[PDB]
Amino acid sequence: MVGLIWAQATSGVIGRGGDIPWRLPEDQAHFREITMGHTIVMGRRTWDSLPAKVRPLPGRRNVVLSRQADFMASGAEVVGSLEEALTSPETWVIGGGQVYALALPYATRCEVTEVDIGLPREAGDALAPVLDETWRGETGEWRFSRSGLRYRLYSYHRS
Ligand SMILES: Nc1ncnc2c1ncn2[C@@H]1O[C@H](COP(=O)(O)OP(=O)(O)O)[C@@H](O)[C@H]1OP(=O)(O)O
Ligand SMILES: COc1cc(Cc2cnc(N)nc2N)cc(OC)c1OC
């Protein structure tokens, strides 16, 4: 089962200056809940951006996609193609924009957080993959986070 998991603003922005452009602890909790115990796949640039004490993500099999054959990813495996990244019983692709594009055609689930923040797309932004007409499932009710930022969860699926 190949899933994608991401958080986006309503406009589709998922990154600005290499950062998620909001603060949402409750989305961090949701991300852990969906991924824990499973394989996670990320691009090398995403791995390299993480603080040393936060990688590998604990409790999950970490897979890093790279074209650098000598890359050292302490506590993870490094694969040189997407095919080899998707052989576990359940895999969550966790970023970045490049790897989400690559994996989209293979995915049969998406777990999306939509953040109700009016960030128009700007030069340099990273953008979410586009969900086409093949997907179905639940668009959850809006909730206020503890700070007052509104968010809701999509749980979509397809054959
Ligand atoms: N088909 C593929 N096979 C192998 N590695 C790939 C790949 N597509 C993407 N990548 C890797 O994933 C990196 C992209 O990571 P990312 O998706 O986290 O980045 P971005 O956040 O900038 O979209 C690529 O630069 C490449 O890693 P290297 O720079 O180390 O070579
Ligand atoms: C690459 O590692 C991480 C990536 C993210 C981005 C992310 C954040 N929120 C959601 N819903 N999905 C995502 N993929 C969130 C993370 O922790 C909350 C990660 O662990 C360090």
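For chain A, we keep the numbers from the PDB entry: what you see runs 1-159, in order. Indexing begins at 1, ligand by ligand and atom by atom, following the structure's order. Note that these values count all heavy atoms, side chains included, but never hydrogens, waters or copies made by symmetry.
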J.: Provide the name in the PDB entry for the chain that contacts ligand 2 most.
T.: Dihydrofolate reductase
J.: What's the drug at ligand 2?
T.: trimethoprim
J.: What would you say the binding site of trimethoprim (ligand 2) is, if we count heavy atoms under 4.0 Å?
T.: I5, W6, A7, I20, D27, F31, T46, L50, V54, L57, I94, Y100, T113
J.: I'm comparing trimethoprim (ligand 2) with the natural ligand. Which residues that UniProt lists as binding NADP(+) in chain A have a heavy atom under 4.0 Å from the drug?
T.: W6, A7, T46, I94
J.: Most residues of chain A in contact with trimethoprim (ligand 2) fall within which UniProt domain?
T.: dhfr
J.: Wondering about overlap here: which UniProt-listed substrate-binding residues of chain A have a non-hydrogen atom under 4.0 Å from trimethoprim (ligand 2)?
T.: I5, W6, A7, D27, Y100, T113
J.: At what distance is the nearest protein heavy atom to atom 1 (C) of trimethoprim (ligand 2), and which residue and atom is it?
T.: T46 CG2, 3.2 Å
J.: Distance under 4.0 Å to a non-hydrogen atom of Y100: what atoms of trimethoprim (ligand 2) satisfy this?
T.: 14 (N)
J.: Considering only protein heavy atoms, which is closest to atom 21 (C) of trimethoprim (ligand 2), and at what distance to one decimal place?
T.: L50 CD2, 3.7 Å
J.: In terms of atom number and element, which parts of trimethoprim (ligand 2) are under 4.0 angstrom from non-hydrogen atoms of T113?
T.: 11 (N)
J.: Counting both backbone and side chain atoms, is some N or O of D27 under 3.5 Å from an N or O of trimethoprim (ligand 2)?
T.: yes
J.: Can you tell me which residue and heavy atom of the protein come closest to atom 6 (C) of trimethoprim (ligand 2), and the distance to 0.1 Å?
T.: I20 CD1, 4.1 Å
J.: Starting from atom 14 (N) of trimethoprim (ligand 2), locate the nearest protein heavy atom and write down its residue, its atom name and how far away it is, to 0.1 Å.
T.: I5 O, 2.9 Å
J.: Which protein non-hydrogen atom lies closest to atom 16 (C) of trimethoprim (ligand 2), naming both residue and atom, and how far is it?
T.: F31 CE2, 3.5 Å
J.: Which residue holds the protein heavy atom closest to atom 2 (O) of trimethoprim (ligand 2), what is that atom called, and what is the gap in Å?
T.: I94 CD1, 3.5 Å
